[PDB]
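Heading - verapamil complexed with OCT1
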Amino acid sequence: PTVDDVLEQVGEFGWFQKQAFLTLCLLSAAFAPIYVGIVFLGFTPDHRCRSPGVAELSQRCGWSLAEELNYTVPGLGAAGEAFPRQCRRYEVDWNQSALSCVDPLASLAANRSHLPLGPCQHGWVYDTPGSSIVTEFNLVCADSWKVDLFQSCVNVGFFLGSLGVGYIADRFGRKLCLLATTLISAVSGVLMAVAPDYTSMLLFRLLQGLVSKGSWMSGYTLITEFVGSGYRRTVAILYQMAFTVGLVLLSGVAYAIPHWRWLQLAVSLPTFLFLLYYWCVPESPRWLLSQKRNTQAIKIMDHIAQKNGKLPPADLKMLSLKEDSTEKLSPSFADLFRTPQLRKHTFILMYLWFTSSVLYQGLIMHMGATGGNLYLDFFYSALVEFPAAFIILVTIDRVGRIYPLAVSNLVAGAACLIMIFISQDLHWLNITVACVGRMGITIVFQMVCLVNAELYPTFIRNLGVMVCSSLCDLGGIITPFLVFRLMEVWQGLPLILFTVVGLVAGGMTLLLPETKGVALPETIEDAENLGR
Ligand SMILES: COc1ccc(CCN(C)CCC[C@@](C#N)(c2ccc(OC)c(OC)c2)C(C)C)cc1OC
Ligand SMILES: *[C@@H]1O[C@H](CO)[C@@H](O[C@@H]2O[C@H](CO)[C@@H](O)[C@H](O)[C@H]2NC(C)=O)[C@H](O)[C@H]1NC(C)=O
């Protein structure tokens, strides 16, 4: 009367599992807006210093947008690539000075650079018709650093949330966390759009970052626990695919409405619908059974059999763990580093997370010049992930879960290496090589997530995956400074480091035990002898 066999009897993947998976995938997309970052709220368009006198002249004679930028604005390329043109204003009186359209300012100085440069007051004039956060608070020239501060604060919030949000989810249940966390995320999201100043917006976004990953991973571990042992692959890969579909829909809607506040409100409000559909999914049977609440576990098992339509087994009355467990099974950070096998697995997984994040950031940084349309580039980037899900879904149960991950990490490393050594000049080959590298990186990410979830015990699974994921955020935060610093030492130093890191990660992946078709553990002592 173990949880595995009885679950198979009612059905590993039945209508109940299908409905629960669909309801959770509805939640998967809601994490795309929070994780994408500030790419759609903080895009910086072209900008010049507003001038009152230009408005009067704009109507007197025929004008064009390109023409106006040319001989009304200070020229670029002097004392910087575009520092003068971006946020410097000559301040020469353009009003009550009828110098003709042909020679508006040429006559006065007979030279452009030598002209007088005044302050860039009167705010700014931006190109895009829509409004972003940069346009809202004029975070353009003097406060340009504030965007980096916002991004870094959001990232450190992510890191803290990874470190801490796991314990509450693990100790107090997975449904309670998925409810409170998503509720806080929703109530902050709609609140950010009504944020008056720069501080409040940043605070609400920091809170949402603290809570979002906790919500997403609670849902992931809930669905993984619900699905049978054989079908973990399908559920996990489809959850990731649902996240990608949410990302694509985000790109589409972001193109639909540019205004950042309306975007945030439209993205946040639908989360209340999912909060309304919390009624469907009950607590994971495994967590309840481990916590010694067998009555509710059997009550739930009766329901799944009912919804499945297959008669429940008569043996449920004696449902329990394989061996008589202790009264208390509380999760704690202390228990995560006691068993040498568990400690080794945790270290390997943390290093794999860090390597994946660093390699991803390096690959995206070393990409080619950005396209004219940001939205199309983002859509293509999201689309490249679907082939990864197609590939991973067909090989996990036929070749295992260790060799694919090792080969994917090594493939991303070799992609970086070929980018470095072989000619990196603009060619059709380079874009395809970058796409292959991106596919390898996303395969690494998804495989690491799945194996890390499947490796830890049921009563500490969420905490372990959280702690191991925190290193991904740490690497994402730290890598830009590392790449900037190393570039000074030598021209191509960063890519050698990327290649060696990838090779070492691929090598270390081999130590991790295989998990092809093995029931996920429920006791730490059981997880210690998993390999044996
Ligand atoms: C610049 O825009 C982008 C921003 C981010 C990305 C992300 C690339 N990958 C989809 C990352 C996969 C990592 C991800 C998975 N799977 C993940 C899973 C578990 C994690 O730990 C619990 C985790 O850590 C943050 C990330 C998702 C949920 C974010 C692509 C982008 O291109 C579309
Ligand atoms: C950019 O602005 C300069 C203004 O100095 C333009 O140079 C003028 O070009 C016209 C012909 O298009 C000549 O008749 C003028 O004599 C030029 N000015 C001077 C001071 O020699 C230049 O053409 C502009 N370029 C664009 C693409 O708008």
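The PDB entry numbering applies to chain A: residues 2-533, in that order. First listed ligand is number 1; within each ligand, the first listed atom is number 1.
Put simply, copies of verapamil show up as ligand 1. Covalent partner of verapamil (ligand 1): none modeled.
The source organism of chain A, per the PDB record, is Homo sapiens.
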